[PDB]
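NADH dehydrogenase [ubiquinone] iron-sulfur protein 2, mitochondrial, liganded with metformin.
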Amino acid sequence: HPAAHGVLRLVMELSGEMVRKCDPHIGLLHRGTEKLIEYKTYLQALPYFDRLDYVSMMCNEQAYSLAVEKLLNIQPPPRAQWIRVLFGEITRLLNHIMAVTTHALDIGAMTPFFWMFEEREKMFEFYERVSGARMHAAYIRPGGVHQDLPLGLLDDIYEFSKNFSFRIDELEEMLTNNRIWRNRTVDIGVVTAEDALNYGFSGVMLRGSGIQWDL
Amino acid sequence: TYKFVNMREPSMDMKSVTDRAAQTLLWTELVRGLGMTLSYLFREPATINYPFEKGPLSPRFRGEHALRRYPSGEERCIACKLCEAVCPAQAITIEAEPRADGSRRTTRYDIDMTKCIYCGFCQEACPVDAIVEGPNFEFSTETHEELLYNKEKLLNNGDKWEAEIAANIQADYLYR
Amino acid sequence: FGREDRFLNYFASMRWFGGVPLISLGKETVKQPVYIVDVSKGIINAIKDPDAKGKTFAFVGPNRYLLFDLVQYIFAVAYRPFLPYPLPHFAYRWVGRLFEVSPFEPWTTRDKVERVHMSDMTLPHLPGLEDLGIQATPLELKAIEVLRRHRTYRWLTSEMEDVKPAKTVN
Amino acid sequence: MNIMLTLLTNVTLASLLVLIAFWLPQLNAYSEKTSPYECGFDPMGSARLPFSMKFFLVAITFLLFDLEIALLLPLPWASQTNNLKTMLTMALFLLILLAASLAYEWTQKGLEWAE
Amino acid sequence: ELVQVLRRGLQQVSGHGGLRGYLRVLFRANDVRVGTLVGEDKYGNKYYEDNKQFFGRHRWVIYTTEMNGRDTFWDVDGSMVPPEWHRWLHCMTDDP
Amino acid sequence: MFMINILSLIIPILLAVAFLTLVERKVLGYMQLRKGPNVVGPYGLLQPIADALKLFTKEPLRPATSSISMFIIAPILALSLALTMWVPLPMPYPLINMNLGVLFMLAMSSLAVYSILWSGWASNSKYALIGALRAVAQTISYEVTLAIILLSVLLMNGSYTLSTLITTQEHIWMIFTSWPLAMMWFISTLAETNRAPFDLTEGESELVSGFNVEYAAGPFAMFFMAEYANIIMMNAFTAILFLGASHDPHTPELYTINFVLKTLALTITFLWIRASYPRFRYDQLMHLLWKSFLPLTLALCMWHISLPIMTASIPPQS
Amino acid sequence: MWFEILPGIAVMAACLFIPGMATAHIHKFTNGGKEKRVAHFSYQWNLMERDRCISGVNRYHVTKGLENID
Amino acid sequence: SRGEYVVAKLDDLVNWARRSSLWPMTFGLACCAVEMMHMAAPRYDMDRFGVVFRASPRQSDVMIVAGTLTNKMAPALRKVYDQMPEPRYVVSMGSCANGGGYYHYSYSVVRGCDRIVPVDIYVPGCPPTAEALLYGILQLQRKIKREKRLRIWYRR
Ligand SMILES: COC1=C(OC)C(=O)C(C/C=C(\C)CC/C=C(/C)CC/C=C(\C)CC/C=C(\C)CC/C=C(\C)CC/C=C(\C)CC/C=C(\C)CC/C=C(\C)CC/C=C(\C)CCC=C(C)C)=C(C)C1=O
Ligand SMILES: CCCCCCCCCCCCCCCCCC(=O)OC[C@H](COP(=O)([O-])OCC[N+](C)(C)C)OC(=O)CCCCCCCCCCCCCCCCC
Ligand SMILES: CCCCCCCCCCCCCCCCC[C@@H](O)O[C@H](CO[C@H](O)CCCCCCCCCCCCCCC)COP(=O)(O)OCC[N+](C)(C)C
Ligand SMILES: CCCCCCCC/C=C/CCCCCCCC(=O)OC[C@H](COP(=O)(O)OCCN)OC(=O)CCCCCCC/C=C/CCCCCCCC
Ligand SMILES: CCCCCCCCCCCCCCCCCC(=O)OC[C@H](COP(=O)(O)OCCN)OC(=O)CCCCCCCCCCCCCCCCC
Ligand SMILES: CN(C)C(=N)NC(=N)N
Ligand code: SF4
Ligand code: SF4
Ligand code: SF4
């Protein structure tokens with residue numbers, strides 16, 4: 001299904017078109033990553049985390065590296081830390097572009113998808129320049145980062161960041177004040193703060209519900 | 001610190017009320033979206049003319065594998081099995097024995113390119129720069145068996161791509 | 001007979017041409033069809049048997065049927081209205097000659113008509129599936145695999161046991 | 001005559017297109033190919049089961065408003081009469097009664113879909 | 001001016017060696033651009049560069065009509081380039 | 001000669017439909033910063049031909065659970081009515097000159113509704129049934145609003161003859177006269193032709209291709225042809241009804257050129273809207289027409305009944 | 001560039017020109033080089049039938065005049 | 001021969017249509033699907049070549065198996081492949097679809113989609129770049145160009 005992201009089986013009971021219950025059937029992309037990680041070493045298990053949330057790859061790598069370094073009782077050098085934070089924010093930009101554009105595409109709007117995916121292509125070029133892999137970089141590792149930046153990467157990242165707020169503005173021109181988008185999204189999926197905290201939501205769910213929390 | 005994404009209230013003066021009513025009756029923001037798409041229509045497309053044009057790559061790119069040689073023609077690999085040990089997916093099968101001249105050389109060196117995850121650990125673990133991940137990425141086949149490379153295939157890839165592989169390694173060997 | 005066969009599909013595809021033409025109403029034809037999986041298993045076991053090197057086997061089914069009863073059971077399982085009628089042999093031969101002018105795969109031919117009319121021979125001297133180690137599968141157990149495709153929406157979900165087995169001639 | 005010929009031509013062309021579509025290509029059908037589509041899994045129920053209609057009242061109101069538009073359609077010819085004042089009063093009366101029907105249903109919540 | 005654009009189009013038409021060359025480059029490459037000849041390899045492929053175009057489109061190749069023993073007039077692959085021109089085209093270096 | 005005229009009306013319409021497919025691809029591509037089809041032919045001109053040949057050489061299948069009779073009839077009815085709607089259009093001379101040429105188009109559109117209903121019900125699948133019911137709701141709303149809007153606009157005209165529409169629009173444009181009704185009519189034609197933001201019967205995001213989910217090969221191509229013919233026909237009707245072109249009886253080619261240009265402009269506006277907006281929900285579409293357009297439509301109908309009387313500008317009956 | 005869309009729109013316009021021009025040419029051809037008579041009412045139809053009768057050739061578009069009355 | 005010439009021209013015409021109009025099914029499983037989106041993106045626009053995504057399997061010619069095929073998912077993949085009408089083609093993209101990939105020795109992963117469906121093209125990589133997938137699509141088109149169904153039938 002185009003809206004089911006490929007590997008979700010949503011068994012739904014409908015009275016007419018009203019949804020009476022949702023029974024998400026997951027596991028269609030269960031691979032046994034944890035068992036395989038048990039069978040690999042610590043360096044061999046890094047690409048597994050690279051492939052878990054394949055839209056925030058360096059973020060997954062950073063989480064795994066932080067855990068392993070905490071267990072090892074070591075500290076990454078300051079330049080490695082700054083590179084980690086920079087690429088974590090670049091990864092956040094990639095992920096949020098993907099999220100917003102795919103959400104708008106399931107709604108019915110596709111031009112923002114194409115524009116922001118051109119931007120995603122440029123950020124993929126940054127990933128490939130540092131790591132040699134366009135997405136699954138395996139660049140952030142326990143102890144720092146694998147290799148140092150090439151001698152033009154910072155200038156090109158500056159150019160990209162310089163010309164990106166205009167892309168976000170063009171994205172907002174099509175969605176923010178559009179009455180069709182407001183009708184489709186306003187008062188849909190309202191979740192209270194107590195419900196979010198009990199159900200275990202984190203990040204944008206909590207912040208949208210109004211809880212002031214950020215790791 | 002924090003900021004409120006949506007907590008503004010509209011003014012109730014007559015001019016603002018009339019402006020909102022005009023926006024409701026006359027589809028102002030809808031026309032605005034139309035204008036944005038028209039602007040993008042008149043902009044320049046961002047499409048390359050593949051296959052006559054190629055996207056940029058870097059000396060660090062990890063593509064098809066290759067086994068290199070010394071400038072004298074001798075194979076660099078010494079059957080040390082570090083790449084086989086470090087391979088995350090266990091895609092490398094190596095078997096070795098003393099050669100006729102007594103060298104430590106491989107008799108079997110297989111890489112299952114359907115099992116490889118193209119992570120580049122093997123070229124990091126190699127102490128003699130024998131196995132590398134070349135710049136080639138257009139090597140799709142029509143049968144599964146053709147993706148099960150062996151030593152002859154990898155040596156042929158190395159001999160075919162040696163110039164570009166050497167150039168990439170020269171460019172990027174100071175960062176390693 | 002099987003999912004992709006001619007036999008059951010040939011008899012079940014005569015819905016389109018009105019009734020079912022039968023020579024002598026199919027009362028003079030006796031047939032014992034064999035299952036495709038049984039035939040393939042017998043071929044495999046012939047390779048693995050060292051004592052079948054230079055031999056001749058006869059693969060036949062467990063039950064013999066008249067052509068009329070067989071076609072009637074086919075249409076019963078397919079849940080189609082069965083309207084048989086006698087067609088003289090020369091008329092059927094001319095009809096088969098008409099259908100074999102197709103450049104593509106013909107629906108029927110004169111030789112196909114003759115083979116359908118001909119009764120299956122009995123060869124008790126030659127070995128068979130029981131000798132190669134295979135128990136022959138009766139038609140009543142695997143007919144619904146082939147003929148469920150020919151049913152309509154009204155009768156798709158009908159079960160295997162809803163149709164009484166055809167009358168055998170043993 | 002001309003309109004009948006045109007309708008025959010259109011229907012014949014469409015039927016010829018269907019016939020070519022169903023006979024020109026190579027056919028290979030089996031049970032799995034012709035099974036119903038439900039995103040790769042077998043449907044639990046049947047597509048012939050009742051499908052609740054949450055806008056059942058709006059449909060009936062649509063029937064009545066279709067009658068109203070049928071009444072209103074002969075207005076262009078009625079505007080050529082000498083009794084312009086009576087024609088105008090009756091046309092406005094019909095339109096006001098239609099508006100009153102809409103207002104009554106809207107305030108009594110007949111346009112809200114069943115929950 | 002539209003006249004300038006039309007004149008540039010006419011120059012592009014005359015830049016491929018007449019109308020026939022323009023048609024050949026249009027039908028087998030879907031591009032009618034004109035660029036400086038960087039060089040040509042032993043297999044017949046030609047390589048052109050134009051720095052005025054935006055990055056990615058600044059270098060291109062016109063493939064040969066016959067490589068080794070296969071007729072490649074219409075069937076043109078991305079693997080028909082030797083490794084050195086492959087590196088040059090994919091921009092791992094700025095030196096041809 | 002009448003058969004020749006019928007062929008001259010049919011075949012160019014199908015050709016324009018195929019090249020409308022190509023044009024929509026390319027326009028959406030350039031608005032999405034792409035190029036669209038430019039490889040199959042010169043500027044991708046052979047792409048519709050390739051698509052048509054592929055579709056009609058591909059295998060069409062009837063689902064096991066489908067009702068074959070209404071499974072086949074629905075595309076036939078759709079394409080037949082799509083081709084039939086063109087016969088009373090004056091460009092500048094209609095093929096069939098009808099005294100009541102507008103009510104004919106209304107009736108044929110209301111009949112063209114049932115093709116998607118019967119195809120969805122015949123397919124015997126849940127997505128097809130959901131698409132069919134979405135069609136039911138959409139037709140309800142747009143049908144009532146379309147009827148009243150057309151009534152008012154033709155009330156400014158005097159009769160139900162499209163040639164009389166040309167005569168009325170000899171001097172100025174009905175868009176200048178009655179632009180609010182023009183806006184609401186454009187939205188109603190979007191809803192009628194099932195174009196974005198109202199493409200709810202074939203909404204790919206919620207349903208997998210909607211009502212024609214089970215249709216493949218030729219029968220699918222016929223639904224596509226019918227939809228695009230309806231798009232072009234509705235845009236041509238809008239151009240005739242609101243953007244009147246000058247007519248010269250001795251050289252009628254000028255009216256044909258102007259009519260074609262205005263029709264192409266409106267079709268491009270349709271494609272532009274599809275590229276620019278999200279998709280409605282069908283309950284929100286029903287509440288849009290009844291709660292917003294219908295009150296204004298009734299008020300404007302009263303206004304356009306009264307205006308000729310109070311200004312002594314009643315059009316001639318003939 | 002955006003003018004690569006023009007050939008497709010040009011072909012679509014060329015296709016849309018054919019119906020109207022063809023209808024006009026056929027109307028003039030089958031009516032003696034004049035417009036096809038519009039008979040929306042019984043009076044106009046009776047006029048056409050009278051023209052057919054007085055023409056002497058069973059064609060309403062064959063117009064007769066003073067040379068025919070005298 | 002005249003008949004041979006006619007059948008050669010006819011099946012060149014038919015193969016051209018199928019090559020130039022490819023409609024992949026909207027079917028992506030894992031991280032390899034993001035590179036399909038980037039192939040659809042403006043940089044490597046697949047719509048140029050006549051390659052257009054269709055959601056329904058009834059209206060698709062190519063199935064691009066892009067991602068890990070699990071035991072819980074294999075029946076759905078086979079079902080949609082069967083529901084695709086003929087002629088139909090399969091492009092397995094990435095290591096997970098090709099062989100096992102990173103998850104070859106797993107209890108819950110099918111070791112290759114070629115165990116389930118007949119695969120025509122294998123595109124290596126984890127994930128293959130958008131250019132690599134585009135090269136695979138072009139190789140599939142060149143494979144279609146060699147099909148001679150009418151030429152086989154005439155000599156049949
Ligand atoms: C699985 O996860 C996912 C991916 O993967 C991992 C992805 O990648 C993506 C990324 C994809 C997207 C963002 C978009 C993909 C989704 C879509 C729904 C596709 C979007 C595409 C568009 C909106 C535009 C593309 C165009 C489309 C879809 C239209 C399709 C085209 C057709 C159906 C054309 C077929 C019809 C035709 C050809 C018309 C019929 C032909 C004729 C009428 C011609 C006939 C002419 C004659 C008979 C006349 C002949 C006679 C003549 C000439 C003269 C003879 C005269 C005589 C006298 C003899 C997403 C979102 C995703 O979620
Ligand atoms: C019902 C409609 C009647 C009016 C038709 C008006 C014209 C229709 C124009 C559109 C044609 C669409 C198909 C285009 C061609 C491609 C398909 C094709 O070749 O199909 C042919 C079909 C093909 O058969 P097929 O079923 O194998 O089709 C598969 C075709 N390929 C391989 C191309 C996919 O031919 C036949 O069915 C008959 C072949 C010869 C056998 C004759 C049997 C006898 C009955 C007919 C002959 C007359 C008997 C007279 C005496 C009767 C009394 C004894
Ligand atoms: C839609 C209404 C129905 C129409 C019915 C058919 C009407 C005629 C259809 C028009 C035929 C167009 C043929 C187009 C020729 C192909 C163009 C050319 O480029 O193809 C070359 C040659 O093509 C093939 O060799 C043969 C193609 C068809 C040749 C003629 C076939 C017979 C046509 C005449 C018969 C039509 C009427 C008979 C049927 C009714 C090979 O190039 P290709 O590799 O691909 O391109 C790759 C892209 N690159 C170059 C950028 C990499
Ligand atoms: C003929 C060519 C016309 C071309 C027009 C093209 C316009 C641009 C096309 C892009 C738009 C297409 C996609 C948009 C579809 C949806 C648009 C839409 O939503 O419009 C409805 C819009 C939104 O409503 P809501 O925000 O939901 O508020 C409801 C509160 N309960 O509401 C409307 O009804 C607007 C419709 C236009 C009304 C007309 C303006 C009325 C002004 C009257 C003044 C004239 C009075 C005449 C008397 C004169 C006295 C001297
Ligand atoms: C100037 C005078 C006129 C000159 C031109 C005359 C001919 C014009 C075209 C007429 C229509 C096609 C006529 C028949 C062509 C041959 C088809 C044929 O017999 O194909 C048989 C063969 C089936 O395969 P087979 O070898 O039997 O294997 C059995 C399966 N295991 O192979 C197949 O079935 C292959 C699958 C495709 C078959 C159908 C397509 C054939 C070509 C059609 C081209 C035109 C399409 C028009 C579509 C409608 C309009 C848009
Ligand atoms: C497969 N993935 C990750 C998707 N996001 N897919 C999608 N169709 N949107
Ligand atoms: S790139 Fe990684 S997965 Fe591939 S052979 Fe080398 S070590 Fe193994
Ligand atoms: S790491 Fe290098 S030298 Fe050691 S076995 Fe592998 S390729 Fe040979
Ligand atoms: S081959 Fe690699 S990128 Fe593709 S689905 Fe598997 S893990 Fe993801």
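The sequence lines fix the lettering, A, B, ..., with proteins before strands; numbering per chain opens at 1. Only a slice of the deposited entry appears, and the contacts counted are all within that slice. These numbers come from the heavy atoms of this one structure, side chains and all, not from hydrogens, waters or symmetry mates. Numbering of ligands and ligand atoms starts at 1, following listing order. So how was this one determined? The header says electron microscopy, 3.0 Å.
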Across the whole structure, where does one find metformin?
ligand 6
Provide the letters of the other chains having heavy-atom distances to metformin under 4.0 Å.
A, H
Mind telling me what name the entry has for chain H?
NADH dehydrogenase [ubiquinone] iron-sulfur protein 7, mitochondrial
Residues lining metformin, heavy atoms within 4.0 Å:
A:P2, A:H5, A:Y54, A:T102, H:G28, H:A33, H:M37
